[PDB]
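Take a look at the structure below.
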Amino acid sequence: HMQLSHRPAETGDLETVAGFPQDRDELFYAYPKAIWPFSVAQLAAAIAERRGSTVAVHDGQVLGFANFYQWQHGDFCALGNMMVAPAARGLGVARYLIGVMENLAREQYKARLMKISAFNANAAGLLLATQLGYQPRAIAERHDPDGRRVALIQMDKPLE
Ligand SMILES: O=C(N[C@H](CO)[C@H](O)c1ccc([N+](=O)[O-])cc1)C(Cl)Cl
Ligand SMILES: O=C(N[C@H](CO)[C@H](O)c1ccc([N+](=O)[O-])cc1)C(Cl)Cl
């Protein structure tokens, strides 16, 4: 069914990926420093600052995007910017990309651990990470775009 492949993100993918977040909450979950409306320029700025920007493809469509927020050779990487096409939610795209990013963290960065953090309102992300073997380690206070306090739940998982 949902055959998925991956490759590094390319300039040609920017518009498509920038179309993924459907509301301010979704943008905040994936890219908390971004400002709504999202734009190719904001996506390109993240890609420049980060590593490992990767897309997931199915039936000739880019359906997902992720990168590393943090990377420390021999130590850990932290997942960032997970976005999924609105017509492909709940089909395994985020799960698939997390596995790809785990492999890349192991292979390229010799990471022993992957970190995933999710904002408290992002139930789906918390639950998916839990399904994939991530455990919560800490909770940090953050603020949303309206200045309201939110909880960032910081999870991790050993790699192999
Ligand atoms: O789909 C969600 N969260 C997933 C969990 O894997 C992920 O955090 C995500 C965030 C933003 C997004 N987007 O804006 O396209 C897509 C997936 C919630 Cl918005 Cl319901
Ligand atoms: O700054 C630029 N490129 C960098 C890489 O050198 C990166 O691609 C980027 C693009 C857009 C951007 N932005 O508009 O915020 C920031 C960085 C060009 Cl606009 Cl000159």
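Counting begins at 1 with the first residue of the sequence. Remember, it's 1-based here, ligands and their atoms both numbered in the order they're listed. Scope of the values below: all heavy atoms of this structure, side chains included, with no hydrogens, waters or symmetry mates. If you're wondering, the header gives X-ray crystallography, 1.2 Å.
Among chloramphenicol, pentostatin, penciclovir, zardaverine, the compound found at ligand 1 is chloramphenicol. Against chloramphenicol (ligand 1), the chain with more heavy-atom contacts than any other is given by the PDB entry as GNAT superfamily acetyltransferase PA4794. The nearest protein atom to atom 17 (C) of chloramphenicol (ligand 1), hydrogens excluded, is given as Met82 O, 3.7 Å; this is a heavy-atom distance. In this structure, the protein non-hydrogen atom closest to atom 20 (Cl) of chloramphenicol (ligand 1) is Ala124 CB, 3.8 Å.
An N or O contact shorter than 3.5 Å links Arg89 to chloramphenicol (ligand 1) by distance.
At a 4.0 Å heavy-atom cut-off, chloramphenicol (ligand 1) does not touch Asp25 at all.
In terms of N/O distances under 3.5 Å, chloramphenicol (ligand 1) is not approached by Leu27.
Considering only non-hydrogen protein atoms, atom 16 (C) of chloramphenicol (ligand 1) sits nearest to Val84 N, 3.3 Å.
Closest heavy-atom approach to atom 5 (C) of chloramphenicol (ligand 1) within the set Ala129, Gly125, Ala118, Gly19: this belongs to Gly125.
Listed in the PDB entry as the source organism of chain A is Pseudomonas aeruginosa. At a heavy-atom cutoff of 4.0 Å, chloramphenicol (ligand 1) is contacted by both the backbone and the side chain of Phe20. The shortest N or O to N or O distance between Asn122 and chloramphenicol (ligand 1) is below 3.5 Å.
Using a 4.0 Å heavy-atom cut-off, the binding site of chloramphenicol (ligand 1) is formed by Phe20, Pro21, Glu26, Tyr29, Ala30, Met82, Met83, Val84, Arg89, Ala94, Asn122, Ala124, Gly125, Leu128.
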